[PDB]
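Structure, halofuginone included.
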Amino acid sequence: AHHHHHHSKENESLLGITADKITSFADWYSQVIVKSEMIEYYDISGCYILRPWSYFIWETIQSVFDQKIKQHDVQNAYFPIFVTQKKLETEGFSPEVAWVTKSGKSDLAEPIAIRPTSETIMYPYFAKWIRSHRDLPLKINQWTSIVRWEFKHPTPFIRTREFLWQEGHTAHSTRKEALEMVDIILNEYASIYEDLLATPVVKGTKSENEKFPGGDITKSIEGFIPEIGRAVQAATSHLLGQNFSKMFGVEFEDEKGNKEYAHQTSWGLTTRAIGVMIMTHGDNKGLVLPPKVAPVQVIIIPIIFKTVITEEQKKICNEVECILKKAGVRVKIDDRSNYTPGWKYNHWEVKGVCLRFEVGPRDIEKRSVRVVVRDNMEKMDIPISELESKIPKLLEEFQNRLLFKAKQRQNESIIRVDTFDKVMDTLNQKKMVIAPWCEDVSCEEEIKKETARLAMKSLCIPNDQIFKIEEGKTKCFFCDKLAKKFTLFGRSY
Ligand SMILES: Nc1ncnc2c1ncn2[C@@H]1O[C@H](COP(=O)(O)OP(=O)(O)NP(=O)(O)O)[C@@H](O)[C@H]1O
Ligand SMILES: O=C(C[C@H]1NCCC[C@@H]1O)Cn1cnc2cc(Br)c(Cl)cc2c1=O
Ligand SMILES: [Mg+2]
Ligand SMILES: [Zn+2]
């Protein structure tokens, strides 16, 4: 679905994308993020430079999500990047901890860990701040970078040794209020991917074998990349319960005067969202960005070459730019006489600009503009007097079309299998499995073991159970136990 629309002579250049998205996905992903000036590879493995074209999308994700959690009285703070070994020791993987072992030429007697997550940093101070039920709920969030020495092969955005993320940590007086906070954040995470990034995700609950061992319930949104047949956890929201409050002493005096441990939640979203969004919408021409996160929604390209644009040509472009600026549209004019219009067309197509305006003599004469849509090569002529109304509608239609097309690609990637004899062939088709499952830890341990023999794991137990179980008859697709619900399975990042 990547190489359907018309490619121009400049799209077939080396300044375009030469690797096919389906048959050469890894090379396609690298060319798309590099040639669009999103990412620069760094001489330290697993780290990638976030150029402004990609960092804008994170700033938009950060701006939109920060306003969302402020609706629930979540306050932003910043805790140090460092944490002692004693606090950190008591998905914690010791080989992932980046340790500062020297300052200058002086060795540290006790090395200091770089923050892989802030439970150890923050919770000793949650216990210090929380003495009464009146002090609850406490809701803290921080935007910061995280360093984890990932053992698996790094992927830009998806899995980086340094990534930018948001981590919210809340404490409540009741488990019910905490679980409501877990579901609230999960819906906002799903909104970030679907409403902002036009990326479909599946809301659900992690299995006992796949949940965060430090919490009671781990809910998540699962994404999927069909071109490689691997799911990707889009975000996560944990019902920590009292596991962390018991071990850090975060207790409060409830009403009537009894000491009770706090009911905590924690949730996180990283720059991985950008990578999942890129892989979802990008085609063989390069980036395809949702209008809500595209750094430039409209590029105005006057038909000029070598010489300077005429005075009436610059006046029309400024008028169109003024109309689009007043309408809240992010718009820029590319009046570089240095490049042919075809060069600019491919240049802003690789960068994923939603709409391009071609302004030539015929457009000046009619007081109209030639609009070319990025993702489907749709062409139309809009009068200048209609731009204020039509362009916000086109970007709105653009956003809906990306989510709708990405949705039907995800729905066709979910295959129902009721017996294990059809699971392996479904996985080999680069697709997920929705199967009747008993949800036992022992069952998933053998599911991972048997599928690794030809590994498949539970992605999430979806909140929306589209299929029904026979009360007392529907057995697990793998073992002899009765199936509880249907669970989404597949290989993941
Ligand atoms: N190295 C990474 N780079 C970018 N995003 C990441 C990375 N690791 C995790 N994430 C994302 O951040 C979210 C919250 O972090 P976390 O729950 O600690 O992931 P995780 O438990 O390490 N899962 P995983 O590392 O894939 O086994 C995850 O749901 C991922 O979507
Ligand atoms: O980090 C987590 C759980 C939650 N903490 C912050 C909010 C979002 C996030 O899902 C799971 N995790 C993952 N990787 C880790 C790596 C190391 Br090293 C350590 Cl010490 C700890 C962890 C660790 O705790
Ligand atoms: Mg990890
Ligand atoms: Zn089973």
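What you see of chain A is 179-268, 274-637, 650-688, where the numbers are those given in the PDB entry. Indexing begins at 1, ligand by ligand and atom by atom, following the structure's order.
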Inset, instruction - List all ligands or chains that belong to halofuginone. - result: ligand 2
Inset, instruction - Tell me which macromolecule has the most close contacts with halofuginone, using the naming in the PDB entry. - result: Aminoacyl-tRNA synthetase
Legend entry - Among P299, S420, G351, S277, closest by any non-hydrogen atom to atom 17 (C) of halofuginone: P299
Legend entry - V280 neighbourhood, listing halofuginone atoms whose heavy-atom distance to it stays under 4.0 Å: 18 (Br)
Inset, instruction - Check whether any heavy atom of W332 sits under 4.0 Å from an atom of halofuginone. - result: no
Legend entry - Per atom 14 (N) of halofuginone, closest listed option by heavy atom (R331, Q325, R298): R331
Inset, instruction - Compute the shortest N/O to N/O distance between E302 and halofuginone and return yes if it is under 3.5 Å, no if not. - result: yes
Legend entry - Heteroatom distance test (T300, halofuginone): nitrogen or oxygen, under 3.5 angstrom: yes
Legend entry - Those atoms of halofuginone less than 4.0 Å from some heavy atom in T419: 10 (O)
Inset, instruction - Number the atoms of halofuginone from 1 as they appear, then name those within less than 4.0 Å of a heavy atom of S449, with their elements. - result: 4 (C)
Inset, instruction - Examine the proximity of halofuginone to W450 and report which part, side chain or backbone, both or neither, has a heavy atom under 4.0 Å away. - result: backbone
Legend entry - Contact atoms of halofuginone, heavy-atom distance to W348 under 4.0 Å: 6 (C), 7 (C), 8 (C)
Inset, instruction - Would you mind listing which atoms of halofuginone come within a distance below 4.0 Å of any non-hydrogen atom of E279? - result: 16 (C), 18 (Br)
Inset, instruction - Could you see which bit of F427 sits under 4.0 Å from halofuginone, with heavy atoms only: side chain, backbone, both or neither? - result: neither
Legend entry - Site residues for halofuginone, heavy atoms under 4.0 Å: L266, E274, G275, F276, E279, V280, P299, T300, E302, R331, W348, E350, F395, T419, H421, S449, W450, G451
